[PDB]
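Structure follows of lenacapavir associated with Capsid protein p24.
Numbered from 1 within each chain, the chains take letters A, B, ... in sequence-line order. Each ligand, and each atom within it, is numbered from 1 in the order the structure gives. This entry, so its header tells us, was determined using X-ray crystallography, 2.2 Å.
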6 protein chains.
Amino acid sequence: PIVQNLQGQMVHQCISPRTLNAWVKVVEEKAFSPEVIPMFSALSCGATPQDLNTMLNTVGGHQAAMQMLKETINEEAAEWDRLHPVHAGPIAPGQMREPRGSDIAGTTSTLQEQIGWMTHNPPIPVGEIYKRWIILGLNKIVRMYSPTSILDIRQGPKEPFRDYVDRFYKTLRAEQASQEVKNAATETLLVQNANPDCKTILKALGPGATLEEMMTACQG
Amino acid sequence: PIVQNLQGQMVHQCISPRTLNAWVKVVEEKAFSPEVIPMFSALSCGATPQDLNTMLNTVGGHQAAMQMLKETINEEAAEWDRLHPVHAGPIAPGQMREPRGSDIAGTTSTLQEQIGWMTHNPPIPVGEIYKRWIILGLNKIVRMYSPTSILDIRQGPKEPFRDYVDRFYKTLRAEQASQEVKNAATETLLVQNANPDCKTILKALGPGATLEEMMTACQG
Amino acid sequence: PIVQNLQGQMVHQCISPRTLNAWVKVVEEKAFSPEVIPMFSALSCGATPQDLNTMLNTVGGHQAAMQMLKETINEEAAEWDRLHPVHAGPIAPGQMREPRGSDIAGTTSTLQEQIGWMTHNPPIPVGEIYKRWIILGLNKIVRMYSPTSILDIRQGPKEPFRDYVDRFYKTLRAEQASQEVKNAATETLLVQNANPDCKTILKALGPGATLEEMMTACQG
Amino acid sequence: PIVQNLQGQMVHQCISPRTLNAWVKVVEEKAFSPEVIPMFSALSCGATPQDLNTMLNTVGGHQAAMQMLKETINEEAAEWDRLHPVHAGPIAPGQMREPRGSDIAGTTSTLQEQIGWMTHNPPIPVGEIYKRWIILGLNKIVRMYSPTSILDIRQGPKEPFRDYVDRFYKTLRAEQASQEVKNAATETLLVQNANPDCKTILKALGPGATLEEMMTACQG
Amino acid sequence: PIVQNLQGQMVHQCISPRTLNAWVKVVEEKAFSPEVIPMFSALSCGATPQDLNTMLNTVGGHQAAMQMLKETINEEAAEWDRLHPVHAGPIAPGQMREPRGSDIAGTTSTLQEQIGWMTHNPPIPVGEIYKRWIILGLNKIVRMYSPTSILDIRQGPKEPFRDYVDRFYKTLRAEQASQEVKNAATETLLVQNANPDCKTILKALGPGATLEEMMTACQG
Amino acid sequence: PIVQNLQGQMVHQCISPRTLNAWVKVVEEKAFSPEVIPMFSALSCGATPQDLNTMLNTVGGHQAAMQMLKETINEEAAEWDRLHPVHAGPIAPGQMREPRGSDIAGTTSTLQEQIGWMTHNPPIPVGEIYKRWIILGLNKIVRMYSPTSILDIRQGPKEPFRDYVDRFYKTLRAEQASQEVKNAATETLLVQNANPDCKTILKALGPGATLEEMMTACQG
Ligand SMILES: CC(C)(C#Cc1ccc(-c2ccc(Cl)c3c(NS(C)(=O)=O)nn(CC(F)(F)F)c23)c([C@H](Cc2cc(F)cc(F)c2)NC(=O)Cn2nc(C(F)(F)F)c3c2C(F)(F)[C@@H]2C[C@H]32)n1)S(C)(=O)=O
Ligand SMILES: CC(C)(C#Cc1ccc(-c2ccc(Cl)c3c(NS(C)(=O)=O)nn(CC(F)(F)F)c23)c([C@H](Cc2cc(F)cc(F)c2)NC(=O)Cn2nc(C(F)(F)F)c3c2C(F)(F)[C@@H]2C[C@H]32)n1)S(C)(=O)=O
Ligand SMILES: CC(C)(C#Cc1ccc(-c2ccc(Cl)c3c(NS(C)(=O)=O)nn(CC(F)(F)F)c23)c([C@H](Cc2cc(F)cc(F)c2)NC(=O)Cn2nc(C(F)(F)F)c3c2C(F)(F)[C@@H]2C[C@H]32)n1)S(C)(=O)=O
Ligand SMILES: CC(C)(C#Cc1ccc(-c2ccc(Cl)c3c(NS(C)(=O)=O)nn(CC(F)(F)F)c23)c([C@H](Cc2cc(F)cc(F)c2)NC(=O)Cn2nc(C(F)(F)F)c3c2C(F)(F)[C@@H]2C[C@H]32)n1)S(C)(=O)=O
Ligand SMILES: CC(C)(C#Cc1ccc(-c2ccc(Cl)c3c(NS(C)(=O)=O)nn(CC(F)(F)F)c23)c([C@H](Cc2cc(F)cc(F)c2)NC(=O)Cn2nc(C(F)(F)F)c3c2C(F)(F)[C@@H]2C[C@H]32)n1)S(C)(=O)=O
Ligand SMILES: CC(C)(C#Cc1ccc(-c2ccc(Cl)c3c(NS(C)(=O)=O)nn(CC(F)(F)F)c23)c([C@H](Cc2cc(F)cc(F)c2)NC(=O)Cn2nc(C(F)(F)F)c3c2C(F)(F)[C@@H]2C[C@H]32)n1)S(C)(=O)=O
Ligand SMILES: [Cl-]
Ligand SMILES: [Cl-]
Ligand SMILES: [Cl-]
Ligand SMILES: [Cl-]
Ligand SMILES: [Cl-]
Ligand SMILES: [Cl-]
Ligand SMILES: [Cl-]
Ligand SMILES: [Cl-]
Ligand SMILES: [Cl-]
Ligand SMILES: [Cl-]
Ligand SMILES: [Cl-]
Ligand SMILES: [Cl-]
Ligand SMILES: [Cl-]
Ligand SMILES: [Cl-]
Ligand SMILES: [Cl-]
Ligand SMILES: [Cl-]
Ligand SMILES: [Cl-]
Ligand SMILES: [Cl-]
Ligand SMILES: [Cl-]
Ligand SMILES: [Cl-]
Ligand SMILES: [Cl-]
Ligand SMILES: [Cl-]
Ligand SMILES: [Cl-]
Ligand SMILES: [Cl-]
């Protein structure tokens with residue numbers, strides 16, 4: 001990663017063993033459950049493209065997911081290059097060349113070029129751009145490896161309301177879109193797919209009930 | 001988090017893998033027992049709103065609770081906005097715009113704006129305001145997920161007084177309120193719900209007995 | 001905690017995850033065995049009142065003990081305030097208000113006021129005063145949760161002398177008082193409650209025998 | 001390793017017990033699965049040749065592979081020497097002699113000469129040259145210890161498409177080459193070795209299908 | 001402990017949770033095997049007397065031994081006092097009073113007086129004097145809790161010579177003395193207590209045989 | 001150990017708990033397998049003689065090996081003293097006395113004298129000299145505790161060639177000598193003790209076959 005020293009300079013630091021192991025173990029145990037994204041984002045804090053490639057290369061298995069990840073990265077790399085055509089010319093003494101999509105992904109850039117970009121003034125944050133592409137890719141995988149659709153979450157006749165809302169939002173969290181799309185899913189389904197007893201109770205509460213009020217009203 | 005380095009400057013640091021892991025593990029093992037609040041408060045020491053969102057996002061399961069958490073956050077954010085009317089105008093070169101509620105919650109603010117607010121002179125401590133909203137929300141979840149009422153905690157005819165006082169205060173701590181009447185639940189409900197043998201001993205102790213005095217008197 | 005930076009300034013540091021976990025685990029495994037006090041004292045090195053409250057709030061269970069702890073703290077807080085009546089008046093530019101008992105315990109003080117007190121010149125060590133009150137409270141709990149009295153420690157007819165002295169001083173360590181009180185317990189009981197064979201041997205050694213000499217004399 | 005301290009100077013540091021342990025454990029559990037290469041590359045960040053030799057020497061077992069590793073290192077060292085002819089002559093007071101192949105490999109160079117090369121201006125990065133030779137050697141070991149060929153990876157008549165793509169790319173990654181024909185193995189061999197049900201679906205998708213599109217189309 | 005920071009100043013640091021835990025665990029698993037002494041000496045590197053008392057106080061059980069430890073400490077403290085007669089007189093502004101025995105042991109000295117002594121110019125190293133007394137006491141405990149005498153360590157008729165030498169020196173190390181006669185126990189008692197087959201071989205080796213030569217000669 | 005601070009000064013640091021435990025555990029689990037030497041060398045990076053004595057004193061068991069270690073050290077100490085006769089005379093204000101063999105081994109030197117030697121300009125590295133003696137001793141123990149001779153490694157009639165080369169070089173690694181001696185062992189035995197099928201294949205390859213080529217030729 002790139003961290004600040006006490007001189008105020010952004011300097012490269014080695015990825016710690018603890019960071020590597022934490023990422024390997026969290027994929028081992030949680031696969032592509034939705035909480036893998038924040039874990040990956042937090043563990044890759046300050047990462048260079050090299051660090052991000054290190055983390056993704058240490059994943060054992062799920063190689064189909066990892067290949068989808070590369071295809072996502074390549075599309076985002078192609079989009080970056082078409083929005084940032086590089087301008088030919090000698091790079092000046094105090095400068096860095098402009099990065100191409102393959103440079104952000106680390107396939108055509110050295111770690112020293114990545115450090116130069118990330119510690120420049122102003123910085124060109126190839127690590128955070130790459131991370132964006134990867135997390136975009138991981139979001140697709142979480143959505144693809146989600147077993148259940150939001151339309152299939154229906155409260156059982158003896159199922160406690162808390163357990164049902166747990167399943168509802170767990171399912172909703174794995175199909176990532178805008179929250180505009182997730183507010184629409186809730187307003188469309190959460191009360192309508194409650195069991196007949198709780199549904200009649202919540203209809204009387206009206207559309208303005210908070211979730212806390214809905215869960216208290218269907219308590220047992 | 002934003003911590004002071006070894007020289008006295010407030011710097012951004014990455015959330016550590018141990019901090020991430022410790023918070024995930026505490027929710028896994030303790031759910032919303034009351035001791036999750038101090039663990040969350042201590043593990044989020046110096047957190048930015050991004051750090052707090054990371055921690056909350058790493059929680060697997062309990063998504064009904066996490067949704068209640070967002071609704072509490074949004075209520076407090078709207079209250080913040082109603083108390084901090086917007087002042088339109090170009091932000092001056094040195095300084096930073098006033099934060100809205102969604103900026104404190106981290107949904108419309110970047111990490112660099114959060115660093116800018118938290119390291120300002122004087123600092124606008126968005127991380128601690130956000131943290132205060134979250135703990136307010138987590139306190140509701142603890143209250144709601146507490147199974148038993150204090151009026152149902154009663155000493156068995158053969159149950160040692162110590163175990164009953166353990167159950168009593170464990171319950172009182174989960175059923176959260178101000179000390180206005182929790183102070184009230186002790187000293188009279190604690191005696192009223194003692195078994196007849198210990199209850200008879202505790203009347204003889206008279207008003208003003210310490211809990212140590214009550215526990216010594218009902219040992220045998 | 002409050003630690004020294006390399007500038008010579010006492011600065012606040014976040015309580016580490018390792019410190020929190022160590023305290024939670026040691027209470028989980030050792031309850032209120034006497035070695036909980038030094039573990040708590042060492043783990044709370046440099047603690048602010050906030051850190052001490054964090055540690056005690058993370059304890060799961062033993063809530064009867066924790067309430068006795070609060071009653072001890074409140075008595076010590078009441079004693080502090082009666083010995084340190086606060087003097088009204090505007091606090092000067094370079095100063096801190098004088099702390100009340102509730103400020104030392106952290107119920108009416110902010111972490112910033114605790115930092116101001118603890119890093120003042122000279123420091124007013126509210127953290128070490130609070131710790132004193134807490135450890136005073138923990139000593140009462142260790143003494144209350146001790147199963148055996150010193151008068152019941154009697155050497156068995158086939159019990160090795162080392163095992164008996166182990167039990168004797170383990171029991172003596174849980175009833176904390178002055179060592180004047182613990183030297184008196186030893187001189188009164190250790191030889192007199194040895195089994196008849198070892199007792200006759202140790203009577204001949206005389207009152208001036210070291211424990212090492214007594215244990216060699218009753219070896220087997 | 002040679003890392004930058006908190007002030008900006010390149011200093012030698014001892015390899016940490018966690019780094020040593022992490023590398024030993026990764027070889028123990030993963031042998032020469034492909035993910036051992038990124039683990040070795042990341043754990044050897046900033047390594048001197050002495051550090052790299054230490055890491056390789058801590059490997060227990062797999063001594064046939066480790067001997068192949070030495071033979072690869074020696075071939076690269078001889079290639080280095082043929083490209084860097086020796087210049088005889090007294091080394092000047094300030095500077096350091098040119099490294100031979102055996103010096104990069106650490107067999108004829110001391111740790112202080114390795115520090116001298118790596119902290120020179122400009123640096124001669126013997127640790128990264130050595131690391132590049134080792135990973136070249138470890139890549140051969142992975143290729144050799146890969147049990148299955150990509151031509152033998154075929155989808156079963158009832159095997160889900162996802163599991164087959166997992167096996168396909170896991171295998172392709174172990175059978176190491178350039179993307180010249182690994183790019184080639186995908187998109188046609190991946191389809192050719194699908195079972196007849198999915199194969200029929202994938203012809204209808206036509207050329208240019210993403211892996212996400214192929215995996216969505218053969219879900220059911 | 002009192003350690004040097006990154007700038008060259010001697011500063012007080014809190015004993016780490018790992019150091020506390022490591023010492024507790026070592027006593028739990030190894031009791032008073034000889035290797036507890038180096039573990040205690042290394043884990044108490046730079047300790048103040050308060051740190052040493054903390055470590056000793058965290059020991060659960062073995063209270064008979066811990067009481068022997070106090071008696072040894074008190075004997076050494078009295079010897080220290082008899083060699084360092086008190087000089088009455090007001091302590092000058094810059095300097096510190098001379099330490100008594102109880103101050104080195106930490107029973108009549110505060111942590112700040114211990115820091116003052118240890119960081120003085122020249123330093124009065126009360127922590128190392130205290131440590132020396134404790135290890136003297138722990139050495140007595142190891143000697144006393146060693147079950148077997150060196151005269152009872154003898155090679156079985158079918159026991160491999162290596163295992164017997166292992167038992168021999170393991171025992172010799174627990175039965176602690178100076179090398180005046182431990183040097184003596186080897187080379188003649190080691191041969192005398194060998195079984196007749198190996199004993200006959202070792203006479204033929206003659207005086208001056210190394211232990212490697214003896215162990216090679218009694219392999220078969 | 002002796003580490004560099006940020007002032008450029010070599011300063012003493014306490015041996016970490018993690019370093020102590022790592023060395024104890026690696027001996028516990030791996031005994032004197034050959035990888036114990038690099039683990040010991042890496043874990044004792046920067047060690048003082050005191051640290052090296054600490055590490056070796058913490059080893060439980062294998063006391064016969066540890067005594068052979070002392071005899072090796074004493075021979076190397078005797079050789080050092082006969083090559084470095086100390087010259088009598090007052091030590092100057094800015095100087096350190098010359099170290100004897102017993103000073104390098106730490107039996108007649110204080111930790112402060114070891115720090116003085118190791119941080120002198122130029123340094124006299126008693127820690128690295130001692131380490132050399134110890135590792136010389138550990139090499140003898142690895143060679144003594146090796147069960148199998150190189151002449152007994154013969155490929156089985158159904159044994160895969162990789163497994164046989166594994167055993168061959170594992171055995172060869174435990175009998176440490178020069179690689180001149182280990183190249184001679186390979187050229188003498190590796191092909192000649194292959195099973196009759198693989199032997200005839202490798203004879204045709206000729207003496208110039210790499211190990212990688214030999215292992216591919218005897219694949220199955
Ligand atoms: C960097 C990174 C780690 C990030 C970020 C990141 C950034 C912002 C926000 C956020 C913060 C505050 C509010 Cl008030 C809202 C909001 N209020 S609103 C308009 O009503 O929805 N929305 N947001 C998302 C925003 F801003 F993106 F829109 C937020 C989050 C929340 C943090 C959070 C998690 C939590 F558990 C509980 C909380 F109280 C807050 N995380 C999510 O909300 C994820 N989530 N998804 C869904 C579902 F799909 F089911 F609906 C559900 C959640 C849920 F909250 F967990 C809960 C069960 C419901 N995280 S990264 C690149 O890896 O992602
Ligand atoms: C979360 C966070 C931000 C915080 C804080 C925070 C802030 C202040 C205080 C506090 C400190 C000292 C006193 Cl004397 C009192 C007091 N004395 S009084 C006039 O009698 O009420 N009150 N308080 C709360 C105050 F100030 F809020 F009012 C306190 C606490 C205590 C700390 C504490 C915990 C403990 F175990 C034992 C202690 F001795 C002290 N924690 C609680 O008290 C929680 N608790 N709740 C109840 C119940 F509900 F059952 F009654 C019960 C407890 C209990 F003590 F554990 C015990 C069984 C009874 N914590 S953080 C930094 O931890 O992350
Ligand atoms: C900060 C903190 C961690 C502290 C402190 C703290 C401060 C000082 C001292 C101390 C130091 C040296 C001596 Cl010589 C005496 C002494 N010599 S004397 C006049 O003969 O008794 N007395 N003391 C206590 C003093 F000073 F307080 F009086 C001491 C201790 C000892 C440290 C110690 C522990 C140990 F195991 C073995 C040792 F050699 C020394 N710890 C105790 O002694 C606790 N203990 N209690 C009893 C019993 F009840 F059974 F008798 C028993 C012990 C015992 F020693 F373990 C042993 C079985 C007997 N600790 S804190 C706030 O959390 O407490
Ligand atoms: C060892 C080290 C020094 C390094 C490096 C290193 C350097 C660059 C790159 C890389 C980055 C981005 C893209 Cl877009 C491509 C690309 N896009 S492309 C035009 O389609 O080929 N190619 N590359 C390799 C490049 F640049 F070398 F060509 C890359 C990688 C990727 C990192 C990565 C891993 C991952 F899991 C998922 C990702 F999204 C990205 N790792 C690999 O690709 C390894 N891999 N191999 C194969 C196979 F053989 F099966 F095909 C397969 C993978 C796979 F991706 F895992 C997946 C199943 C398929 N690593 S380090 C720092 O880790 O220690
Ligand atoms: C506690 C502490 C403060 C200290 C120190 C401390 C100080 C010095 C020395 C030492 C160093 C080198 C030599 Cl050559 C000799 C020597 N050579 S000699 C002329 O033959 O006697 N003697 N010494 C002790 C000296 F100096 F004190 F005399 C030493 C030791 C050795 C270190 C060591 C341990 C080891 F395993 C193997 C080694 F090669 C060296 N440790 C011991 O020797 C302990 N030991 N005891 C006996 C027994 F009793 F059975 F005989 C046995 C050992 C044994 F070696 F393990 C082995 C089975 C035999 N430690 S600390 C820093 O660790 O925390
Ligand atoms: C500081 C310390 C930690 C050190 C060092 C240290 C110093 C240098 C070297 C070394 C480096 C590069 C080359 Cl190219 C050769 C070489 N090339 S050559 C002329 O053809 O043999 N030789 N060397 C040893 C040299 F220089 F000493 F001669 C080397 C090693 C290698 C490092 C290494 C280990 C490894 F696993 C795989 C590698 F590719 C490289 N370690 C060994 O080789 C140990 N080993 N022993 C034998 C056997 F006996 F079976 F043959 C076998 C090995 C083996 F390699 F593992 C493998 C199965 C064969 N380590 S310390 C004081 O604790 O030792
Ligand atoms: Cl780490
Ligand atoms: Cl890269
Ligand atoms: Cl894989
Ligand atoms: Cl989820
Ligand atoms: Cl509910
Ligand atoms: Cl960490
Ligand atoms: Cl955010
Ligand atoms: Cl009780
Ligand atoms: Cl930590
Ligand atoms: Cl507080
Ligand atoms: Cl509780
Ligand atoms: Cl005890
Ligand atoms: Cl005994
Ligand atoms: Cl470490
Ligand atoms: Cl080397
Ligand atoms: Cl799929
Ligand atoms: Cl720690
Ligand atoms: Cl003390
Ligand atoms: Cl042997
Ligand atoms: Cl450590
Ligand atoms: Cl020493
Ligand atoms: Cl031993
Ligand atoms: Cl081996
Ligand atoms: Cl093979």
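Tracing lenacapavir through the model gives ligands 1, 2, 3, 4, 5 and 6. Other chains, heavy atom under 4.0 Å from lenacapavir (ligand 3): C, E. Remark: minimum distance from atom 49 (F) of lenacapavir (ligand 3) to any protein heavy atom is reached at C/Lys182 NZ, 2.9 Å. Here the heavy atom of the protein found nearest to atom 59 (C) of lenacapavir (ligand 3) is E/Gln67 OE1, 3.4 Å. Distances from atom 61 (S) of lenacapavir (ligand 3) to the protein include no heavy-atom value under 4.0 Å. Of the protein's heavy atoms, at least one falls inside 4.0 Å of atom 14 (Cl) of lenacapavir (ligand 3).
Residue contacts with lenacapavir (ligand 3): E/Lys70 is placed with a nitrogen or oxygen under 3.5 Å of a nitrogen or oxygen of the ligand (distance criterion only).
Here E/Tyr130 has side-chain heavy atoms under 4.0 Å from lenacapavir (ligand 3), and that is the only part of it that gets that close. Nearest non-hydrogen protein atom to atom 8 (C) of lenacapavir (ligand 3) is E/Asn53 ND2, 3.5 Å. The authors modeled no covalent bond from lenacapavir (ligand 3) to a chain. Remark: lenacapavir (ligand 3) and E/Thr107 share no N or O pair separated by less than 3.5 Å (distance only, no angle test). Closest protein heavy atom to atom 56 (F) of lenacapavir (ligand 3): E/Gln63 OE1, 3.5 Å.
Here the shortest heavy-atom distance to atom 50 (F) of lenacapavir (ligand 3), taken over C/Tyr169, C/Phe40, C/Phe168, belongs to C/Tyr169.
Nearest to atom 20 (O) of lenacapavir (ligand 3) among the protein's heavy atoms is E/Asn74 ND2, 3.0 Å. Of all protein heavy atoms, the one closest to atom 24 (C) of lenacapavir (ligand 3) is C/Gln179 NE2, 3.5 Å. The closest approach between E/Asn57 and lenacapavir (ligand 3) falls below 4.0 Å for a heavy atom of the residue. Atoms of lenacapavir (ligand 3) found under 4.0 Å from any heavy atom of C/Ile37, numbered from 1 in the order shown, are 63 (O). Site of lenacapavir (ligand 3) with heavy atoms closer than 4.0 Å: C/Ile37, C/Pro38, C/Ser41, C/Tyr169, C/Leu172, C/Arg173, C/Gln179, C/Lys182, E/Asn53, E/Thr54, E/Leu56, E/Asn57, E/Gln63, E/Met66, E/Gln67, E/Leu69, E/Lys70, E/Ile73, E/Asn74, E/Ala105, E/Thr107, E/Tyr130.
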